[PDB]
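Contents of the following structure include imipenem (open form).
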Protein chains: 2
Amino acid sequence: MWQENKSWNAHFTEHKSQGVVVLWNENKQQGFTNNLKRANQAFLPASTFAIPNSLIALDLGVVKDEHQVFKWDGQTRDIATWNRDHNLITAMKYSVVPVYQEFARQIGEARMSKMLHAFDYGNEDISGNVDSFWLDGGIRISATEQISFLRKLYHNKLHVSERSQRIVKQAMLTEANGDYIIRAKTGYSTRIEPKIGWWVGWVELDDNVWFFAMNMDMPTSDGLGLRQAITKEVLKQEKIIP
Amino acid sequence: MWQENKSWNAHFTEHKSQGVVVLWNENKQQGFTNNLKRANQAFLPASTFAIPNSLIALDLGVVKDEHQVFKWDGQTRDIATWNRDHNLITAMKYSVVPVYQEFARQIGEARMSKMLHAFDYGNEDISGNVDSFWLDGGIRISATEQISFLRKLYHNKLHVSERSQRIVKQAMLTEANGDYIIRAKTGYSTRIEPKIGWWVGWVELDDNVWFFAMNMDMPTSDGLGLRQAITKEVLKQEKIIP
Ligand SMILES: *C(=O)[C@H]([C@@H](C)O)[C@H]1CC(SCCNC=N)=C(C(=O)O)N1
Ligand SMILES: *C(=O)[C@H]([C@@H](C)O)[C@H]1CC(SCCNC=N)=C(C(=O)O)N1
Ligand SMILES: [Cl-]
Ligand SMILES: [Cl-]
Ligand SMILES: [Cl-]
Ligand SMILES: [Cl-]
């Protein structure tokens, strides 16, 4: 099921990094990883929680559709792309935490807990503030657990409406060309050590789908680009992308 | 509120070509073109008919979803990408005419005629073979009529299910990056003169949608890349994409 290829460790050590890459081949039902222990270590999801958050908000009617405008509250925050109006698409593209905090408040602790357990999402513990539990609370998820959750979302197998899953997968669109399509979500956990960066999603090919989930130590914000770069080095090495 | 900007003709003249580019700014509700007369001139849709054809097939249940396999009939044809199995996604990516001909045969003349009237699609005339009318029959559509049809599709306003419109817009995915998303469909009309190439779709920005419809004379197949190249030249000039 899960095959450890320690050869991939060079992709982190060459960048003075520490992390895990997890790949799942949907057609052969095989998984690969550089580090089995870290692949099964759970971390704060950070902005990768935007995928289950958006799913629940859509299914419960908190969000009508991907065109609904969420107004900026006129308060300037550190990330410049946050200080403007957003919809479901740009909220995910720019990881607009205040938009998702409002989602969680409208969803409520009771319904958030039931959906996360139905999703089998991580440890299913929303301990902490309902608007911040994925940033400084008790919810934790591993790379392999991200893969399992994403595989259900791809097949529309999650216990929400098919429309909700289609819309969220549309918002996950990150990159597309004649060779591949990448639907993914970035993450950056900073409020509790260890500071890590996430990148989870999948690569759609013509005749296969390659799921991926990676996290890596992120002591400073200068290495955020390594999240996508290290993953693409593994995808290139594995003949998945040219 | 159309605006004719003959400056764009240089993008055609540089390649010793002739054609029309039509842009629609959805936010401002204003249009732009290099040739107003040709913008309203109707041609055979050719493979751009894959958009309404897939919509009808999905809504009628002829296609269950985007994963359903349409097996190759065994006949070797000129374009090698046609000689394999395809789903709704790869059929649109490779413009696999035999797949779409099979769609039209299962839809039938009566249901195809009424769907096109409901769509207000072009001259709504499906005269000819039920599996070739968009290639050598009587159906005609202009660039401005293509944009009219695409704007309804973008807002889920066509008189089919919202699900079928979402799936087709997923199949239209052509290119995406951090700057823009393009959902579009190419076309090459070769059976009846004049030989023309098509490119219709839209460019999704964070804050706006730019619908485009272009057609150009295509005497030989070696200029097909000019369909996207000239459109991007126009999009770059108007500061729509970097
Ligand atoms: C989610 O992981 C976070 C949020 C919890 O802070 C957001 C913030 C960022 S990048 C912030 C720094 N930008 C430039 N220096 C991301 C991200 O994934 O890029 N998500
Ligand atoms: C639709 O417009 C046609 C069909 C009617 O033949 C298909 C064929 C092509 S050409 C593919 C590349 N051939 C040589 N380079 C297209 C197209 O739009 O590219 N659609
Ligand atoms: Cl978030
Ligand atoms: Cl959608
Ligand atoms: Cl076709
Ligand atoms: Cl999409």
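Chain letters correspond, in order, to the sequence lines: A, then B, then on. Numbering of chain A is taken from the PDB entry, so the residues present carry the numbers 24-265, in order. Per the PDB entry, chain B residues shown: 24-265, in order. Read the numbers this way: they start at 1 and go in the same order the structure lists the ligands and their atoms. Technique stated in the header: X-ray crystallography, 2.3 Å. Any value given below was found using the heavy atoms of this structure, including those in side chains, with hydrogens, waters and symmetry copies removed.
All instances of imipenem (open form) together account for ligands 1 and 2.
In the deposited model, most contacts to imipenem (open form, ligand 1) involve the chain that the PDB entry calls Beta-lactamase. At a heavy-atom cut-off of 4.0 Å, the other chains in contact with imipenem (open form, ligand 1) are listed as A.
Neighbouring residues of imipenem (open form, ligand 1) under 4.0 Å (non-hydrogen atoms) are A:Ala69, A:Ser70, A:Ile102, A:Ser118, A:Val120, A:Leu158, A:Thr209, A:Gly210, A:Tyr211, A:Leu247, A:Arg250. Those atoms of imipenem (open form, ligand 1) with a heavy atom of A:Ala69 less than 4.0 angstrom away are 2 (O). For atom 14 (C) of imipenem (open form, ligand 1), the closest heavy atom belonging to the protein is A:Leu247 CD1, 4.5 Å. Any N or O atom pair closer than 3.5 Å counts here, and A:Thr209 shares at least one such pair with imipenem (open form, ligand 1). Within imipenem (open form, ligand 1), the atoms closer than 4.0 Å to a non-hydrogen atom of A:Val120 are 4 (C), 5 (C), numbered from 1 in the order shown.
At least one N or O atom of A:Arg250, backbone or side chain, sits closer than 3.5 Å to an N or O atom of imipenem (open form, ligand 1).
Measured between heavy atoms and rounded to 1 Å, the nearest UniProt active-site residue of chain A to imipenem (open form, ligand 1) is A:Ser70, 1 Å.
According to the PDB, the organism given as the origin of chain A is Klebsiella pneumoniae.
Among protein heavy atoms, atom 7 (C) of imipenem (open form, ligand 1) sits closest to A:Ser70 OG, 3.0 Å. Looking at A:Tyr211 next to imipenem (open form, ligand 1), an N or O pair under 3.5 Å apart turns up.
Lab note: covalent bond from imipenem (open form, ligand 1) modeled to A:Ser70 OG.
Residue A:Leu158 has at least one heavy-atom neighbour below 4.0 Å for each of these atoms of imipenem (open form, ligand 1): 5 (C). Regarding atom 11 (C) of imipenem (open form, ligand 1), its nearest protein heavy-atom neighbour is A:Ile102 CD1, 3.5 Å.
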